[PDB]
J.: 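Following up with a structure containing afamelanotide.
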Amino acid sequence: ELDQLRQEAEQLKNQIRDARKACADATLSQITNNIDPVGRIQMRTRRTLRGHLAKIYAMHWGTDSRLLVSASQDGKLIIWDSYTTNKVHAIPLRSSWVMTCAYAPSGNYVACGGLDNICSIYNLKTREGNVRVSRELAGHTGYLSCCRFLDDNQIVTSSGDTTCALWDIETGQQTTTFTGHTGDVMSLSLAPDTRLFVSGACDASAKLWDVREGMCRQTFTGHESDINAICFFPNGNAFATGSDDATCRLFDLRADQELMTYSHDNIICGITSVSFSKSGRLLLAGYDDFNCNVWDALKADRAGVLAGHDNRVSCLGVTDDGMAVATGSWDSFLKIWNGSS
Amino acid sequence: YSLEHXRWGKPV
Amino acid sequence: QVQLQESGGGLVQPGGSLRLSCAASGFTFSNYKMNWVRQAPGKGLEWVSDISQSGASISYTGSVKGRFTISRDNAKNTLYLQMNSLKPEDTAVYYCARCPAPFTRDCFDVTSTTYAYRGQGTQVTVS
Amino acid sequence: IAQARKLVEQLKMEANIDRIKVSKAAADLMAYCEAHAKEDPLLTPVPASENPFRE
Amino acid sequence: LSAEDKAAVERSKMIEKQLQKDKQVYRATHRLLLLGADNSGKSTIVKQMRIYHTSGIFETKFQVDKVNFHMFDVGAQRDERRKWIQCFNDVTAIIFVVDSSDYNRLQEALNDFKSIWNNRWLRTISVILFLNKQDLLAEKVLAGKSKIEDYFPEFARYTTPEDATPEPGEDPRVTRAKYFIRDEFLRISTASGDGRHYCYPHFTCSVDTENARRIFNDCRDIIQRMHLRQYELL
Amino acid sequence: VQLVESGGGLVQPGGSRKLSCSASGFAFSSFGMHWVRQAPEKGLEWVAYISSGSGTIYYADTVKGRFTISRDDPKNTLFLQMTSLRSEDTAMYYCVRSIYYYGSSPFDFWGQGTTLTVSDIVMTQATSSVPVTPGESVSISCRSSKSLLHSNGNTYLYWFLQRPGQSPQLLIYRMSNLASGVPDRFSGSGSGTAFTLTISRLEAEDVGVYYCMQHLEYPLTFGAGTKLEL
Amino acid sequence: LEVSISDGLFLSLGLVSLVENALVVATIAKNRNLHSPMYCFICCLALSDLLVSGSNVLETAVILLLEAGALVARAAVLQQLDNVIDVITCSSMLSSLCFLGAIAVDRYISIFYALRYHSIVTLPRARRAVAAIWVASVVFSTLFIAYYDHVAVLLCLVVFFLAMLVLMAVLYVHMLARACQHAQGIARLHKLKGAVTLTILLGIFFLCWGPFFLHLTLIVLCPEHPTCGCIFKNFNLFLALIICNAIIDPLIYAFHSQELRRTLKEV
Ligand SMILES: [Ca+2]
């Protein structure tokens with residue numbers, strides 16, 4: 001009977017919560033209080049990328065840390081040469097209402113989708129030289145919120161259908177569906193090994209998934225509201241999570257717990273997008289209030305602010321080289337930030 | 001010769 | 001963890017009253033507008049009342065407007081519904097439903113069929 | 001019903017996790033940061049000649 | 001700058017020229033979001049404008065007086081609206097279609113309208129109200145088993161406004177009902193917005209051909225209001 | 001992808017021919033196009049370039065005043081209107097596509113060529129021919145007057161194979177990048193002033209003339225070519 | 001009466017208007033969001049006012065240095081300087097008037113052809129109209145300041161001012177009429193700001209240009225007359241008032257938008 005299952009669910013929830021509290025010997029803030037604080041991080045808009053006709057939802061750096069897709073609700077993907085600001089490609093989209101894109105780690109493919117539940121895979125390395133749709137991954141029953149390539153043949157997808165799916169692009173079929181969420185899945189970060197991923201899903205829960213096992217291994221639930229953004233820490237053992245609750249939270253996979261909350265009283269709006277730096281020492285979070293804050297992930301201090309956008313920030317990619325953070329906004333502009341010494 | 005401010009400031 | 005243990009239901013006679021109570025835990029209650037939501041047998045998931053996070057602004061469907069008082073204890077993180085003049089049409093599961101995001105005036109999804117920031121629900125049966 | 005039965009099965013799966021201490025987690029994250037601090041251009045801005053975005 | 005780098009800049013400029021032609025089309029096109037419950041008959045509004053001029057979004061593109069309108073009916077999405085609705089910041093309008101006859105779901109429609117209206121990302125987006133199914137409203141008021149005052153106790157206090165221009169042969173009870181439903185949406189419309197966005201009620205039926213004309217006129221008077229506000233004229 | 005060239009034939013000195021190159025199976029408008037010619041027993045020589053959308057045109061000084069390169073993107077076709085033709089212009093003319101963006105491969109497809117019979121950096125391939133055996137590892141040297149290493153870091157040597165009856169095929173672009181269809185047998189490296197193409201396990205399909213080319217600055221220049229004889 | 005505006009005040013007004021217009025122009029040149037047609041015409045207006053202010057600054061500076069005895073040109077080589085600087089002033093005047101007309105026409109198309117606005121007013125057509133304005137302005141100014149002794153010059157330039165005043169009045173009054181129709185629609189659903197704005201626009205326009213073109217008209221009406229002579233004594237007031245419109249039009253049109261305020265703050 002439902003009441004007995006509800007009581008068993010509450011009991012197991014209390015067992016999980018007790019095991020977490022039992023392994024909460026000390027907070028991250030206590031361990032890092034001896035660390036010298038990071039100085040005032042200043043980043044200086046080394047590039048502004050212009051050509052999108054509308055809001056940008058998403059970006060993704062190439063592994064080359066030089067090419068950059070951004071998806072705009074104009075209905076264009078643009079491939080940017082960041083070093084030159086050159087447009088490498090502008091890809092017309094069948095649906096304007098794009099909400100995610102991913103650049104493949106090989107750079108052979110780019111993916112995008114949105115309010116049309118298709119995940120379109122675009123082949124950049126085409127012998128005809130035009131970019132073309134290689135596969136329309138159709139079978140999602142709600143909007144495509146995040147996509148990330150594991151390999152040129154495999155993409156994991158997240159949807160407004162409270163679901164994730166791994167696809168084999170050769171077939172266009174879900175090789176695994178991930179179905180333990182209850183809200184709209186909003187963001188997806190692949191682990192550095194690409195064996196695990198975390199997704200945050202409008203239920204204030206993050207879930208760790210095993211790509212091969214098809215199963216939820218951990219649910220992390222420190223957030224108060226919709227996790228809009230998720231990013232693995234570069235060690236792959238922790239990940240950060242930006243919420244509508246105006247807080248970022250860092251979760252360790254293994255301690256199964258929130259390590260720190262990144263919040264300040266002056267900040268009362270949702271975190272739109274999250275990325276770590278290459279060391280993990282800098283945690284960058286984009287906000288609805290038109291700017292991106294930099295957090296000391298260890299000390300939870302605002303090391304700085306990227307205050308250069310005019311409309312809602314929407315996406316936030318750090319290069320795999322760490323040489324820059326790119327910031328996209330609803331103002332159609334696409335800003336690349338480093339600093340100087 | 002006279003260099004007047006603007007032009008036509010005085011008639012004829 | 002966001003959880004909403006709604007309580008205080010049961011059987012009641014027509015013309016009777018119930019004080020529904022909703023213990024809010026884990027979400028800094030007084031940043032969020034709060035709602036009561038309802039599902040009569042075989043009906044959709046009707047909204048019934050709304051209270052702003054300060055308590056200063058309130059609304060009701062009209063079908064309940066004189067009969068239901070929404071109330072709010074920000075210190076004890078508890079939402080209340082003093083439903084004071086019940087009738088059989090009020091027979092429903094009552095769900096304490098939180099607004100999605102803090103500080104928002106809109107609450108899109110509080111009636112959505114699945115919605116995460118809403119309680120288990122309280123059975124109210126009016127004879 | 002079946003949602004609660006599968007939720008119970010998931011919570012059993014998540015109960016069995018071999019959780020580590022939060023202090024050891026924190027030590028691991030800061031050790032990784034210390035191992036990658038010089039390698040991080042955002043943490044330690046590289047010379048303007050090495051920065052490819054203004055050379 | 002090398003010969004290849006120069007030629008890549010020239011390709012970037014070729015792309016920017018195509019993107020400018022697309023800017024011309026994007027600004028010449030007016031984008032609309034069509035919202036409404038399953039009762040609303042938004043599907044019939046679509047069918048009208050389609051004929052006469054697992055997919056998650058249904059574009060309808062129609063033209064009135066050489067002006068191109070793209071109207072997006074939300075397709076196969078879940079009933080959790082709050083995330084995908086943020087895509088429609090920078091539409092010209094949201095057409096909100098209401099079933100005026102469905103009094104038990106009219107409060108549901110009012111809460112949807114109030115949420116759409118008060119959303120941070122729609123704070124600048126005006127709403128075209130299609131109060132639809134007005135034939136069925138007239139029938140339900142004349143064949144008056146269903147009493148609005150059972151659902152809206154204000155209706156017993158409400159009196160038809162001097163604004164009201166009922167069609168000839170309309171019973172004043174049908175007028176009072178339909179204008180009450182309108183003013184139930186307008187009391188939301190008028191409670192916040194600081195003039196950044198406005199609400200444009202219309203009484204509509206399926207048989208109406210003039211819905212495209214209504215949308216044309218409302219989009220005109222929205223862009224007019226926006227510009228007159230930018231010019232400190234309004 | 002197909003490029004097929006027409007309008008060659010016999011013509012008198014001083015005469016004129018319009019070579020027409022017709023493009024099919026690729027986005028012709030998006031490619032810059034080149035004409036490269038080959039005198040009957042001589043190496044490649046670049047003739048003319050027309051950018052995507054015609055915004056840039058360049059010629060060799062041997063043709064600069066006297067050939068004009070043009071394209072009809074709607075008809076997917078390229079023209080070389082030649083005038084004041086000379087014995088020097090007696091050559092196989094190859095229609096060559098190029099696309100230019102970060103990571104592009106210029107010169108990645110060459111048409112079958114049209115033969116016309118009329119009745120600046122130096123690239124040195126110091127060995128005109130190497131006698132070779134199958135399965136041998138062979139290195140083809142090339143030298144440039146100027147260092148082709150540009151400050152963008154692209155070391156810039158191109159490598160082509162022309163098989164005895166085929167048009168040239170791009171093997172490697174910008175010193176070291178292997179072309180999409182080309183075996184991993186091929187690998188290129190160099191300093192910027194001096195270069196090698198290694199061919200790690202020669203097949204018979206690797207016989208032909210190997211041309212190095214620079215794309216640092218126009219006019220583009222080709223080496224004399226190294227023949228490999230099985 | 002003679003308001004007798006001295007060179008010192010004339011130069012001060014000219015330099016403050018130079019700075020104000022240089023700021024408006026620089027802000028639109030830097031922030032590429034302001035590369036829209038209406039901000040293009042705002043930039044071109046502010047540039048016309050910059051050239052008016054700078055030309056009159058240079059003119060008072062030249063007159064001051066000559067009056068100080070620091071400058072010793074005479075006859076043809078000084079007359080050519082006065083002629084070219086007066087072409088610069090007259091051209092930047094005619095351009096400023098034309099760009100006030102162009103802003104009025106842009107705003108008008110943006111109201112009454114609102115849905116077709118981006119189909120009608122475009123950056124190609126904006127740049128073409130701007131170029132046509134500067135070209136015609138220099139052509140007519142060279143004609144007028146060469147033929148400056150000819151009645152038809154003064155009459156044509158007055159008729160041009162009256163045409164701009166009629167155009168701009170008709171346009172913004174019709175825009176206010178549609179604003180009042182919308183304010184009535186708003187009141188009807190919900191149940192003077194635009195009159196104030198019209199009064200600032202048309203008032204500063206007429207009060208700042210009109211005394212100059214009144215002088216130029218009165219010349220044609222009064223080659224000799226004692227009462228006209230009084231208004232002729234005020235020509236320095238009328239030029240200072242033209243510089244005053246060069247001051248106030250940045251406030252009327254550029255910092256009339258929050259984006260310009262942000263962009264000025266960012267510098
Ligand atoms: Ca003068």
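Reminder, nothing fancy here: chain letters follow the sequence lines and each chain counts from 1. Modifications are flattened: parent amino acid or X, and no contacts from the extra atoms. Side-chain atoms are counted along with the backbone in the values below, which use heavy atoms only and exclude waters and symmetry mates.
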J.: Which chain letters or ligand numbers go with afamelanotide?
T.: chain B
J.: Which protein or nucleic acid chain has the most heavy atoms near afamelanotide (chain B), under its name in the PDB entry?
T.: Melanocortin-1 receptor
J.: Within the structure, which other chains come under 4.5 Å from afamelanotide (chain B) at some heavy atom?
T.: G
J.: Show the binding site of afamelanotide (chain B) at 4.5 Å, heavy-atom contacts only.
T.: G:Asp7, G:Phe10, G:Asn56, G:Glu59, G:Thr60, G:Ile63, G:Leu78, G:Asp82, G:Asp86, G:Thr89, G:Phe144, G:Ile145, G:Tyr148, G:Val153, G:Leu154, G:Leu157, G:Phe212, G:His215, G:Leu216, G:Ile219, G:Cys222, G:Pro223, G:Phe232, G:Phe235, G:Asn236, G:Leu239
J.: Can you list, by chain and number, the residues of afamelanotide (chain B) with a heavy atom under 4.5 Å from a heavy atom of chain G?
T.: B:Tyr1, B:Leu3, B:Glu4, B:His5, B:Unk6, B:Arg7, B:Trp8, B:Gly9, B:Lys10, B:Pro11, B:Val12
J.: Which molecule name is recorded for chain B in the entry?
T.: Afamelanotide
